[PDB]
A.B. asks: 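Okay, handing you the structure first.
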Protein chains: 2
Amino acid sequence: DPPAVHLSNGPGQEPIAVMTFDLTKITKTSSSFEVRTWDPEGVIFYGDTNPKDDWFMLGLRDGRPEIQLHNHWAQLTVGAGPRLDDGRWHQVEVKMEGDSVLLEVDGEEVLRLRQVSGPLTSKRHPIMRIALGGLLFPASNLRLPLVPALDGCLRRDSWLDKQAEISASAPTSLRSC
Amino acid sequence: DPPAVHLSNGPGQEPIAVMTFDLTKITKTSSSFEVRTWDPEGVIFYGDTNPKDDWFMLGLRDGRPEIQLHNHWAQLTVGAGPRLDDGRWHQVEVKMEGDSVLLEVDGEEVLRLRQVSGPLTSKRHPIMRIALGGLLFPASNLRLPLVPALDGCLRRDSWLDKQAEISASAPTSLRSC
Ligand SMILES: C[C@]12CCC(=O)C[C@@H]1CC[C@@H]1[C@@H]2CC[C@]2(C)[C@@H](O)CC[C@@H]12
Ligand SMILES: C[C@]12CCC(=O)C[C@@H]1CC[C@@H]1[C@@H]2CC[C@]2(C)[C@@H](O)CC[C@@H]12
């Protein structure tokens, strides 16, 4: 695994890494990574501009991707795609195209959430945070709670536009797989 | 094709068949059929209790399933699953399990819409209409318009609970494939 990190360190409460982005600079509105796990439930990543009313989470529930999103346009809890909890490395891409959010798993589009978002460079609070392996609000506050810690590995990740990233923080040291 | 019917007769404005169901009798809250088409866009079926604010549509957009749903709990436009416009027969099942609506394509769950519905036998207007191959309101009134007529075939269909069906109507004669 090209430098692979564990998505949760121990209890799986908080994220392993939080990155902050300036939306006025953002061009690339997509993210991509490889994930490996035997765990059927947990958070893969979370993103927000506001943890009360403009947020997004991607995780697994019953082995399969689940997206939760709450913003001015849309509030939803959706599962889609094949199980990913077979301990093999899977390529995932989450992209915003027009007003849609698309999820691709192993080269195939498995979900398209249409009419869920107005442009990034036009939007309100112009800072976006991306949290890897945990949420930035309690799990009990999701639309549909899940147990946050995902026991899996993450590698070959790229988050939004690196030229728009303002800062990156880890709350502890990141362990390798 | 065990008695297969065309999903649109000519212009594709109106449905080929409309069935009406008594929700106080409903037990089976699922529907299933096989579909065949080369057409990448159109309506497969529509259902409602109220065409202003409690309705559902399943069709194809860009070859792939798309669900549109508008009710008291949820308003959404979602694409998911593989392309079905390869002129092969595909098995589709749409089921309500708890508060979710699940779509299965060729034996695989490809979409789970969670937290979208309160029970049927508990719900408001206790008549549900299911329209095959068209809508019961203009297409321009969908959340996201599509051209309604789907040029495909439908066979081996079963809609909700036949012991709860109150009446069935066709606006013209149904043609075979
Ligand atoms: C999925 C996106 C866009 C695609 C991506 O790379 C990740 C990122 C996660 C945060 C989401 C964002 C789309 C727009 C959302 C949903 C905002 O409304 C609030 C959080 C944002
Ligand atoms: C998908 C369901 C439930 C499953 C099925 O067999 C078809 C049917 C189509 C009408 C939908 C219904 C679920 C509940 C909905 C979405 C109601 O709120 C209004 C229309 C109903």
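All chains are named by letter (A, B, ...) in the order of the sequence lines, taking the proteins before the strands, and each is independently numbered beginning at 1. The figures here come from the full heavy-atom set of this structure, side chains too, leaving out hydrogens, waters and symmetry mates. First listed ligand is number 1; within each ligand, the first listed atom is number 1. Header entry for method reads X-ray crystallography, 1.7 Å.
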A.B. asks: Report the drug at ligand 2, choosing among lumiracoxib, dihydrotestosterone, chloramphenicol, tetracaine.
C.D. replies: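 The drug at ligand 2 is dihydrotestosterone.
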A.B. asks: I keep wondering which chain grabs dihydrotestosterone (ligand 2) the most here. What name does UniProt give it?
C.D. replies: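 It has the most contacts with Sex hormone-binding globulin.
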A.B. asks: Which other chains get a heavy atom nearer than 4.0 Å to dihydrotestosterone (ligand 2)?
C.D. replies: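 Based on heavy atoms, that gives B.
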A.B. asks: Taking atom 4 (C) of dihydrotestosterone (ligand 2) as the point of reference, which of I67(B), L23(B), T29(B) owns the nearest heavy atom?
C.D. replies: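 Closest candidate by heavy-atom distance is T29(B).
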A.B. asks: Counting only heavy atoms closer than 4.0 Å, does dihydrotestosterone (ligand 2) sit against the backbone of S30(B), its side chain, both, or neither?
C.D. replies: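 For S30(B), only backbone atoms sit under 4.0 Å from dihydrotestosterone (ligand 2).
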A.B. asks: Would you confirm whether any non-hydrogen atom of the protein falls under 4.0 Å from atom 2 (C) of dihydrotestosterone (ligand 2)?
C.D. replies: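 Protein heavy atoms within 4.0 Å of atom 2 (C) of dihydrotestosterone (ligand 2) - there are none.
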A.B. asks: Protein heavy atoms near atom 15 (C) of dihydrotestosterone (ligand 2), is at least one of them under 4.0 angstrom away?
C.D. replies: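 Within 4.0 Å: no protein heavy atom nearby.
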A.B. asks: Number the atoms of dihydrotestosterone (ligand 2) from 1 as they appear, then name those within less than 4.0 Å of a heavy atom of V94(B), with their elements.
C.D. replies: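 This gives 1 (C), 4 (C), 5 (C), 6 (O) as the contact atoms.
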A.B. asks: What is the nearest protein non-hydrogen atom to atom 21 (C) of dihydrotestosterone (ligand 2), stated with its residue, atom name and distance?
C.D. replies: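 Its nearest protein heavy-atom neighbour is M128(B) CE, 3.9 Å.
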A.B. asks: Is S117(B) close to dihydrotestosterone (ligand 2), meaning an N/O of one under 3.5 Å from an N/O of the other?
C.D. replies: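 So dihydrotestosterone (ligand 2) has no N or O lying under 3.5 Å from an N or O of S117(B).
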A.B. asks: Taking atom 19 (C) of dihydrotestosterone (ligand 2) as the point of reference, which of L103(B), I26(B), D54(B) owns the nearest heavy atom?
C.D. replies: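 The option holding the nearest heavy atom is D54(B).
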A.B. asks: Which dihydrotestosterone (ligand 2) atoms, with their elements, are less than 4.0 angstrom from a heavy-atom of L160(B)?
C.D. replies: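 Going through dihydrotestosterone (ligand 2) atom by atom, the ones under 4.0 Å from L160(B) are 5 (C), 6 (O).
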A.B. asks: How does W159(B) reach dihydrotestosterone (ligand 2), if at all, at less than 4.0 Å between non-hydrogen atoms: by side chain, backbone, both, or neither?
C.D. replies: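 Neither part.
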A.B. asks: In the protein, what heavy atom is nearest to atom 13 (C) of dihydrotestosterone (ligand 2), and what distance, to one decimal place, separates them?
C.D. replies: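 Closest protein heavy atom to atom 13 (C) of dihydrotestosterone (ligand 2): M96(B) CG, 3.9 Å.
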A.B. asks: Looking only at heavy atoms of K28(B), does any of them come nearer than 4.0 Å to an atom of dihydrotestosterone (ligand 2)?
C.D. replies: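 Checking dihydrotestosterone (ligand 2) against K28(B), which is what was asked, there is no heavy-atom contact under 4.0 Å.
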A.B. asks: Would you know which UniProt domain in chain B holds the bulk of residues touching dihydrotestosterone (ligand 2)?
C.D. replies: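 According to UniProt, it is Laminin G-like 1.
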A.B. asks: So is there a nitrogen or oxygen of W73(B) less than 3.5 Å from a nitrogen or oxygen in dihydrotestosterone (ligand 2)?
C.D. replies: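 In this structure, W73(B) places no N or O atom under 3.5 Å from an N or O of dihydrotestosterone (ligand 2).
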A.B. asks: Under 4.0 Å from any heavy atom of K123(B), which atoms of dihydrotestosterone (ligand 2) are there?
C.D. replies: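 Counting from 1, the qualifying ligand atoms are 17 (C), 18 (O).
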A.B. asks: Enumerate the atoms of dihydrotestosterone (ligand 2) whose separation from the nearest heavy atom of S31(B) is less than 4.0 angstrom.
C.D. replies: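 Every atom of dihydrotestosterone (ligand 2) under 4.0 Å from some heavy atom of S31(B): 5 (C), 6 (O), 7 (C).
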A.B. asks: Show which residues surround dihydrotestosterone (ligand 2) within 4.0 Å on heavy-atom distance.
C.D. replies: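 By heavy-atom distance, those would be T29(B), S30(B), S31(B), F45(B), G47(B), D54(B), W55(B), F56(B), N71(B), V94(B), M96(B), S117(B), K123(B), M128(B), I130(B), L160(B).
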